[PDB]
**Q** 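To start, I am sharing the structure in question, which I have written as structure tokens.
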Amino acid sequence: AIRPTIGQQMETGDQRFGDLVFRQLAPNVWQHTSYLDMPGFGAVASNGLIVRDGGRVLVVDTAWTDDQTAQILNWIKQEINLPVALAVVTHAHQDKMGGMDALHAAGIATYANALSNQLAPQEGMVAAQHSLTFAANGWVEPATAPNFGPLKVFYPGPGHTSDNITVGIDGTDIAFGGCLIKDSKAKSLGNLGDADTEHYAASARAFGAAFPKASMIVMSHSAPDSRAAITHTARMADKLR
Ligand SMILES: CC1(C)S[C@H]([C@H](NC(=O)[C@H](N)c2ccccc2)C(=O)O)N[C@H]1C(=O)O
Ligand SMILES: [Mn+2]
Ligand SMILES: [Mn+2]
Ligand SMILES: [Mn+2]
């Protein structure tokens, strides 16, 4: 078993594949987990999603590294055996965009918030090949998200970072909050170094309101949780103002 310093531990049902862990969340949704070994600190787990949409697969977030991301693609090849149509990455930090090069090498179309793409070079990341833009209420402009199938992308406002986006999985009760949302028992909001402390609470609540019927909330650094992850995150964020 992989036993990270930060992130959910392994439980029955989890599948180890190389350096990664996969968990099935729904008949057509899996969580991918990759681990950054921080020298002297141990492993930091990061989670994304894999969604089957008929004869194709859609990915949310890379792994920390290109090699780990290539392993995700290998797992998809083995277990699903369908092509990856596109990937969405949820902001311009290593845990979410560290593996862009592996996606590009594989010929997978990549999408991110326009702002994430603009920040990427300043964060030592490679930009996605396509930019998503958003309405004044946070919903993605549909023309910028062509053929996204069940992925419903929502920009909740600045929180964990100014560019953080979130993704609901239509046809399921799952929504993905990325690094914006922390678990219902969290002691902290993680790294606030790039955070908007004024708007964080409202942004967390906006995510909840965008996907009001989602009962399983997936996030970057803990196991899937209830909507209490959203409300607890917002309550922690209320204290920052
Ligand atoms: C897990 C984190 C505390 S670190 C990660 C991210 N940081 C990185 O991706 C850095 N490249 C990094 C540097 C040293 C050790 C780990 C990550 C961030 O600052 O939001 N996301 C944070 C978070 O989601 O709260
Ligand atoms: Mn981050
Ligand atoms: Mn993170
Ligand atoms: Mn402001």
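All residue numbers refer to positions in the sequence shown, counting from 1. As a basis for the values below, the full set of heavy atoms in this structure was taken, side chains included, without hydrogen atoms, waters or symmetry mates. Both ligands and their constituent atoms are indexed starting at 1 by order of listing. Determined by X-ray crystallography, 1.5 Å, according to the entry header.
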**Q** What drug are we dealing with at ligand 1, do you know?
**A**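 Found there: ampicillin (open form).
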**Q** Of all chains in the model, which has more heavy-atom pairs under 4.5 Å to ampicillin (open form) than the rest, named as UniProt has it?
**A**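 Main binding partner here: Metallo-beta-lactamase type 2.
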**Q** Relative to the heavy atoms of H93, which atoms of ampicillin (open form) are at a distance of less than 4.0 Å?
**A**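 Close to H93: 18 (C), 19 (O), 20 (O).
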**Q** Kindly indicate whether atom 13 (C) of ampicillin (open form) is approached by any protein heavy atom to under 4.0 angstrom.
**A**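 Under the 4.0 Å cut-off, atom 13 (C) of ampicillin (open form) has no protein heavy-atom neighbours at all.
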**Q** Of all the non-hydrogen atoms in the protein, which one sits nearest to atom 3 (C) of ampicillin (open form), and at what distance?
**A**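 The closest heavy atom on the protein side is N191 N, 3.6 Å.
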**Q** Among all the protein's heavy atoms, is there at least one whose distance to atom 1 (C) of ampicillin (open form) comes out below 4.0 Å?
**A**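 Looking at atom 1 (C) of ampicillin (open form), one finds that a protein heavy atom does lie closer than 4.0 Å.
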**Q** Measured between heavy atoms, which UniProt-annotated substrate-binding residues of chain A are under 4.0 Å from ampicillin (open form)?
**A**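 Short answer: the UniProt residues with a heavy atom that close are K182, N191.
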**Q** Should you measure from each heavy atom of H160, which atoms of ampicillin (open form) turn up under 4.0 Å away?
**A**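 Answer, ordered by atom number: 20 (O), 23 (C), 24 (O), 25 (O).
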**Q** Which Zn(2+)-contacting residues per UniProt in chain A have a heavy atom closer to ampicillin (open form) than 4.0 Å?
**A**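 In chain A, UniProt binders with a non-hydrogen atom that close: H93, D95, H160, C179, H221.
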**Q** Please classify the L36 to ampicillin (open form) contact at 4.0 Å (heavy-atom distances, strictly less than): side chain, backbone, both or neither.
**A**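 Side chain only.
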**Q** Has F41 got any heavy atom lying under 4.0 angstrom from an atom of ampicillin (open form)?
**A**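 No, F41 has no heavy atom closer than 4.0 Å to ampicillin (open form).
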**Q** Any N or O on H91 sitting closer than 3.5 Å to an N or O of ampicillin (open form)?
**A**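 Not met; the criterion fails.
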**Q** Could you list the atoms of ampicillin (open form) found under 4.0 angstrom from a heavy atom of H221?
**A**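 With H221 as reference, the close atoms of ampicillin (open form) come out as 1 (C), 21 (N), 23 (C), 24 (O).
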**Q** Among protein heavy atoms, which lies nearest atom 11 (N) of ampicillin (open form), and at what distance?
**A**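 Here the nearest protein heavy atom works out to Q94 NE2, 3.0 Å.
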**Q** Scan the protein's non-hydrogen atoms and note whether one is under 4.0 Å from atom 20 (O) of ampicillin (open form).
**A**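 Given the 4.0 Å cut-off, atom 20 (O) of ampicillin (open form) counts as touching protein heavy atoms.
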**Q** Just curious, which residues make up the binding site of ampicillin (open form) with non-hydrogen atoms under 4.0 Å?
**A**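 The heavy-atom site around ampicillin (open form) is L36, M38, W64, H93, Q94, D95, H160, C179, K182, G190, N191, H221.
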